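Structure of interest - contains minodronate.
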2 protein chains.
Amino acid sequence: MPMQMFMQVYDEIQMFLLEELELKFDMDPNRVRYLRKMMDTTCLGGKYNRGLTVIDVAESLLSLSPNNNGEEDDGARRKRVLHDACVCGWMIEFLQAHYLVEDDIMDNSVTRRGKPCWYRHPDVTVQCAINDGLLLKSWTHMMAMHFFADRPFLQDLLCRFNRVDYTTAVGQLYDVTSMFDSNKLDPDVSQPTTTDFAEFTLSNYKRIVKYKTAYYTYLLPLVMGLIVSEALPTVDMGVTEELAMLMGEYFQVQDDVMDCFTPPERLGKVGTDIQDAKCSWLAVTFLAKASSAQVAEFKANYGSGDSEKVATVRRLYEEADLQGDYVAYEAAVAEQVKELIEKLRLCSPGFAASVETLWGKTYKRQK
Amino acid sequence: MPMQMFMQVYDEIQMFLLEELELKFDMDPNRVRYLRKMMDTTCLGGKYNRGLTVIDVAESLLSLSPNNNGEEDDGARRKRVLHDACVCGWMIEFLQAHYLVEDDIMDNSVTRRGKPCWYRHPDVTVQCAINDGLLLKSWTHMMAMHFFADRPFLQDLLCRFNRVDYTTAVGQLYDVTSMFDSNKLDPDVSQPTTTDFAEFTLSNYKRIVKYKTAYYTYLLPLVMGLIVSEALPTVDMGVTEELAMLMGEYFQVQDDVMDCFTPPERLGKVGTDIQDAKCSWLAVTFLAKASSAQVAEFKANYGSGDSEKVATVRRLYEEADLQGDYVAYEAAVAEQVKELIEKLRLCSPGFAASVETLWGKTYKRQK
Ligand SMILES: O=P(O)(O)C(O)(Cc1cnc2ccccn12)P(=O)(O)O
Ligand SMILES: O=P(O)(O)C(O)(Cc1cnc2ccccn12)P(=O)(O)O
Ligand SMILES: [Mg+2]
Ligand SMILES: [Mg+2]
Ligand SMILES: [Mg+2]
Ligand SMILES: [Mg+2]
Ligand SMILES: [Mg+2]
Ligand SMILES: [Mg+2]
């Protein structure tokens, strides 16, 4: 049902944008075609994990103190909240859409969702792809304003949205600057490659992971479900914030691990985090426990497309039982996520349940 | 023809076991009369799909790419193999009768196959029923030793056969302990049913069905077929276990679904599973696609002798469009199962057609 609703509003959103563009922007049907296909391609074919969350949260806070006016329960709020909930859901989805479009270019990925990255479609330049990206972020604003201009929460909605928008970009700077020694970090300064791997620290890792994934993936969807429910003050931001960060860091680590050990047929993307010399969890988790010996062979094999290097990089990781360190991680995270969510239930049992469902879609995660 | 020879070997095996009981174990006619009825009630009625397959695997293999060691198309081996094939089929059919006599008590079911379960029989105490099940499994060994004495494969039949026997109890343990949190599994403290239903994952489902039903339903019949026609090396096992596993998961799922929706009439019993609150395919799939709100009510009702709460479960199953997922489940299996057969059909057509008739009698399961 929720995906039923959710998808109904997708079609609604797509129609407004596309039609707005042609009635008020002077756009030919051709380009509209392009934009219509761009949107579909980058915005559909996913989990709708973030989108679906906002809805579940919304519809879950609905029951308790349903806004509270003068009426003996009215299903006009139930309906007005889950349309809003749906729009916010899509605001999140177009937002990630934008970042993934820009990310693949950046990470130079060649595929995603079993299909080529947007910027790798035969009929798409990268120049156009970079702006298709911008377009996706702008869509989120046209749609928020188009459907929320009469909502008293619009100011708060969009302020929290853009902060998280900003937070994810900070995260991407941390991400993208994790291969070059900070002290050198200087535009005017000739291309410092990725010599020594200091700053490939768990400390350093947690921080890029937090801002680049946790917030737009776990905090933002919950927060936005609160807001369209007018139940934001209803809930402990501290606990909530603590779970999102937790859940959000465990989720990235997962894609970091799935990146190395899951088959692309399952994954979609062809794992290259190695080759890209990415600061993945395996990477930092390895170097902190790897003998002096082990750490050398890593340094000589990491960040390379050589068919015999990566494989060796998959060996040291195997060797070192990184595969085991994960499970331990996974369980610690699991313990605290459950202690945290319990603190929630007390005061916020309605809310606390949709976090659990969110935890349900994360714990599994094998894709 | 197959059912023909099949049914007279039952009378053979039964002729023998009972006389061996009367001549060798000091049994009185009163008890032989008991065991005899015990054997017919619990071993007859069904459709002998397991015990018939083995014979199809046997006839096919004795033909299409048959035994080199066999002579030049002469009716002396046909008798042995097809006979052996029958003995093997009653072994697996006796195997199931054991596991059903025990499961009914465990699962606590009122009828099976249109009749009351064995332990649900007037002069059958629950206490005698447990032993009866035990006997059922001893007979499998007795008939094997008797007929396959000379048989150069006897040790291979029995070893493998016992692997699968061991693989079903394991399965049985998986099923029977998915009602509670694995973390809190310790003989010394009270066993309270889980309220979060965390253990109901597709992945967890998958495993309790692989071991509990695929191996003896789909692999054992096959493998017996091969062994008796001394053709097992000739086939790609890896592909064979794939579809045994494929077809066996599907068969259970089918069971699981029939359990909730098939009329007890067509079905052949009352629908247990919700009351019993097991980890069936439905719950696991509902639970994974349903919302916080939906889940909470399901939670409220599921696993309770009480029609009104049972009807809800049923209600948010189909209103949760669970029959669409099934159909969509069927097709994927049918697709994938349809590729492996021709993968098997390559270096061993003969087996592949026999496997195709087992598929043939699985896809269209209307019983
Ligand atoms: O491409 P993926 O899915 O493998 C990847 O994990 C994507 C990802 C995570 N967080 C962000 C934030 C902005 C843009 C992309 N993001 P990563 O950052 O490793 O490329
Ligand atoms: O009672 P049924 O026939 O519906 C049931 O399907 C019984 C069943 C299936 N597979 C096994 C394996 C061992 C013992 C019993 N088994 P279930 O497991 O659903 O209880
Ligand atoms: Mg990337
Ligand atoms: Mg990246
Ligand atoms: Mg990644
Ligand atoms: Mg059972
Ligand atoms: Mg049962
Ligand atoms: Mg059943």
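Chains: lettered A, B, ... by order of sequence lines. Residue numbering for chain A follows the PDB entry; the residues present correspond to positions 1-367, in that order. Since chain B takes its numbers from the PDB entry, the residues it shows come out as 1-367. Recorded method for this deposit: X-ray crystallography, 2.5 Å. Whatever order the structure lists them in is the order used to number ligands and atoms, beginning at 1. FYI, side chains are in, hydrogens and waters are out, and symmetry mates aren't considered; it's all heavy atoms of this structure.
Copies included, the model assigns minodronate to ligands 1 and 2. Bound to minodronate (ligand 2) with the most contacts here is the chain that the PDB entry lists as farnesyl pyrophosphate synthase.
The chains other than those of the drug that have a heavy atom under 4.0 Å from minodronate (ligand 2) are B. What sits closest to atom 8 (C) of minodronate (ligand 2) on the protein, heavy atoms only, is B/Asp103 OD2, 3.9 Å. Of all the heavy atoms of B/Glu102, none lies under 4.0 Å from any atom of minodronate (ligand 2), so neither backbone nor side chain is involved. The entry attributes the origin of chain B to Trypanosoma brucei. Protein heavy atom in closest approach to atom 4 (O) of minodronate (ligand 2): B/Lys269 NZ, 3.4 Å. Comparing B/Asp107, B/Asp256, B/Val176, B/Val209 against atom 17 (P) of minodronate (ligand 2), the shortest heavy-atom distance belongs to B/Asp107. Near B/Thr213, meaning under 4.0 Å from any of its heavy atoms, are these atoms of minodronate (ligand 2): 9 (C), 10 (N).
The list of other ligands and ions under 4.0 Å from minodronate (ligand 2) reads ligand 6 (magnesium ion), ligand 7 (magnesium ion), ligand 8 (magnesium ion).
The residue-level binding site of minodronate (ligand 2) (heavy-atom cut-off 4.0 Å) is B/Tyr99, B/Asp103, B/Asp107, B/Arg112, B/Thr168, B/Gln172, B/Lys212, B/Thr213, B/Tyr216, B/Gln252, B/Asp255, B/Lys269.
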